[PDB]
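Read the structure below first, then the notes.
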Amino acid sequence: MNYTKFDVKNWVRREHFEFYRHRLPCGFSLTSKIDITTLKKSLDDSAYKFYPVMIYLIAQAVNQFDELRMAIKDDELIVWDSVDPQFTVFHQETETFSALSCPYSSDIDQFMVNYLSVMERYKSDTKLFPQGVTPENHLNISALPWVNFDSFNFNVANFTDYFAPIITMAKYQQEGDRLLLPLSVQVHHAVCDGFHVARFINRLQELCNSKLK
Amino acid sequence: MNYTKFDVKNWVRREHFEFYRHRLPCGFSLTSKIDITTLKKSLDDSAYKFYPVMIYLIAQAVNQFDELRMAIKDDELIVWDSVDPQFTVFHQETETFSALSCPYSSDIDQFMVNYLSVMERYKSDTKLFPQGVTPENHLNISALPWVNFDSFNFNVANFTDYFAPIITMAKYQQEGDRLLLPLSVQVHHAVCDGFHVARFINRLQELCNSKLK
Amino acid sequence: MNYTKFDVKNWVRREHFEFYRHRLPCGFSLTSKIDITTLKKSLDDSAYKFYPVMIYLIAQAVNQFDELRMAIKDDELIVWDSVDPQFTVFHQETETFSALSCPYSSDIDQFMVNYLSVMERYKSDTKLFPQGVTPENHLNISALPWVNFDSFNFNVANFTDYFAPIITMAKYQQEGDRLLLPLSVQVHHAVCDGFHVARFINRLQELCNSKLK
Ligand SMILES: O=C(N[C@H](CO)[C@H](O)c1ccc([N+](=O)[O-])cc1)C(Cl)Cl
Ligand SMILES: O=C(N[C@H](CO)[C@H](O)c1ccc([N+](=O)[O-])cc1)C(Cl)Cl
Ligand SMILES: O=C(N[C@H](CO)[C@H](O)c1ccc([N+](=O)[O-])cc1)C(Cl)Cl
Ligand SMILES: [Co+2]
Ligand SMILES: [Co+2]
Ligand SMILES: [Co+2]
Ligand SMILES: [Co+2]
Ligand SMILES: [Co+2]
Ligand SMILES: [Co+2]
């Protein structure tokens, strides 16, 4: 299979996992600003577009840390070998959105081909899920390109055992010499502590500051 | 009546509405900064005060978009022809607040008269709801003038079917050449997507940048 | 005992207390930036370290306002004479955290001795609660020193009657001439209004701007 059953009995976080899963169930969200000044220049020197690149980079960073790819399957804790991005697409015509997913690839060029191909095929489909069921091994990404925000939070009436991270980006803005992008990350505390979120964000910032290929 | 039953069967969002109402019930909040540099000058050239003007402008913008005036009445989805602001008033003497409402009017001067008249009559009343029941066709506005914030979120134990937007403003602050006001908007995802919130905020920013009358 | 039963029948907030406790149960969070430019200089001129000092100052400010030290005990509303900080400690070795508490003292030097002594004794203990049960009269403080944030919120599946404030700080950052620290405060609306939170934050800012001793 594409997942491994995680060894909960010998995990250093086993007490935290039961505590935040069942004793005091909770998740948290944080919004931080990533510096995309360097990424903007890399983009300027290429034919890639902003949204797909951010999807790629967020998926790449998630795909590096196990704690962001956990799930309960058959009542057991597993880690997906890899997760694919599920992202939102806006339809100008109806002013509604759809969620699509495409296979992740560590090759940026192959990722771009997967993306354009899904986009090609469902750009006109207004169902909420044009592809049908969401793949179990997913991460959620969404964008609000029309407004800048300093904070974002989802208030969900039930999030029991749902461990996939939720990432939302706003419109970026010029903050003196820098171009900053607000990014909100929302996770379940059973699998992620503040350290793990900070580590994901720091790694995404480094990827934004590195060559695309 | 002062509302119309909305046509859910032919709505482009009908799948989203059932999905966020019953399958995955959720709302979200976002905080963004509005530039009130121009409004401050308009205020300086007038006798209007800041709080009542912001109430007016927020109500005016809500009153322009249907998705911000939805409600369930008799198990059906309706749109109010118009909504009146319900806002908080602080009592210095007891250090407690009350919530009041007054009729909205597209005439700023008539709005100011409605406001001062409600204020006149209940400035000393410390009940939480001095007027008695809140009008069904309302929007909630509150202000925290004592502190600036970058984020605000309400954690509500039950928000089933409550679709009126919740707007909270903080103390404004000087951010170089500009005067910025933090404004938090919290909505139910069954009736509002990120696009609709961004559109409300963009429209409020334009109103702040326009003549009062 | 170390608490007093509060007089609910004659409280100016009695209607608000029942309303937010049982009619519309809710809490809120806000994140604001404290200016720690002066505190940094006081720290520079001393041997105290940042984390313990912030713990001290947050506890000192909480200990001044009754509404931040409320609890339900034996079905009655009480006010603790004083509360002790419960704070998080990160273990680099396992990349996990523990929560510890130590007695509050209005003498900064005695507080530092209590802190170092608890730290000495449990620095290697990876249990979530090395000391065993959390003291009932507590406040929660946590820190995310690895990342700066503009917002933070806990999404808790059940917060019935839990009135102790939750305070989270991020990594501080230089914002022109100032050093700012993001601080998130999350409270239950039955005991705290926006005014009370703003008053706590304003008082903490003054303490940060004053001599340590
Ligand atoms: O609602 C969805 N996505 C939103 C898009 O803004 C977000 O990414 C999200 C995902 C899961 C979620 N949850 O599970 O509570 C809430 C929001 C997909 Cl399920 Cl369609
Ligand atoms: O509590 C109220 N208002 C607060 C004021 O800060 C806010 O505007 C609000 C409104 C509704 C709400 N809700 O329905 O969950 C929560 C907060 C009115 Cl009901 Cl009194
Ligand atoms: O979880 C805890 N603390 C976190 C630390 O980030 C936070 O301070 C907190 C405290 C209580 C809480 N609650 O009661 O819902 C949630 C988070 C202590 Cl119970 Cl271990
Ligand atoms: Co259990
Ligand atoms: Co791998
Ligand atoms: Co249904
Ligand atoms: Co109209
Ligand atoms: Co009751
Ligand atoms: Co005292």
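Chain identifiers are assigned alphabetically from A in the order in which the sequence lines are presented. The numbering of chain A matches the PDB entry: 6-78, 80-219, in order. In order, the residues displayed for chain B correspond to 6-78, 80-219 in the PDB entry numbering, which applies throughout. Residues displayed in chain C correspond, in order, to the PDB entry positions 6-78, 80-219. Values reported hereafter were calculated over all heavy atoms of this structure, with side chains retained and with hydrogens, waters and symmetry mates removed. Both ligands and their constituent atoms are indexed starting at 1 by order of listing.
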Next on the checklist: I'm looking at ligand 1, any idea what drug that is?
Outcome noted: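 That drug is chloramphenicol.
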Item to check | Partner of chloramphenicol (ligand 1) with most atom pairs under 4.5 Å, per UniProt | outcome: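 The chain with more contacts than any other is Chloramphenicol acetyltransferase 3.
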Next on the checklist: Looking at chloramphenicol (ligand 1), which other chains have a heavy atom under 4.0 Å from it, would you say?
Outcome noted: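 By heavy atom, the other chains are A, B.
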Next on the checklist: Contact between chloramphenicol (ligand 1) and A/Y168 is defined here as a heavy atom of the residue under 4.0 Å from a ligand atom; is it met?
Outcome noted: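 Contact present.
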Item to check | For chloramphenicol (ligand 1), the portion of B/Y25 having any non-hydrogen atom under 4.0 Å away | outcome: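 Side chain only.
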Checklist entry - Of all the atoms in chloramphenicol (ligand 1), which lie at a distance below 4.0 Å from a heavy atom belonging to A/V162? => result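 Selected atoms, number and element: 15 (O).
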Checklist entry - Counting only heavy atoms, which portion of A/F135 has something under 4.0 Å from chloramphenicol (ligand 1): side chain, backbone, both, or neither? => result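 Just the side chain.
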Item to check | Options A/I172, A/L150, A/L134, ranked by nearest heavy atom to atom 13 (N) of chloramphenicol (ligand 1), top entry | outcome: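 The nearest heavy atom belongs to A/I172.
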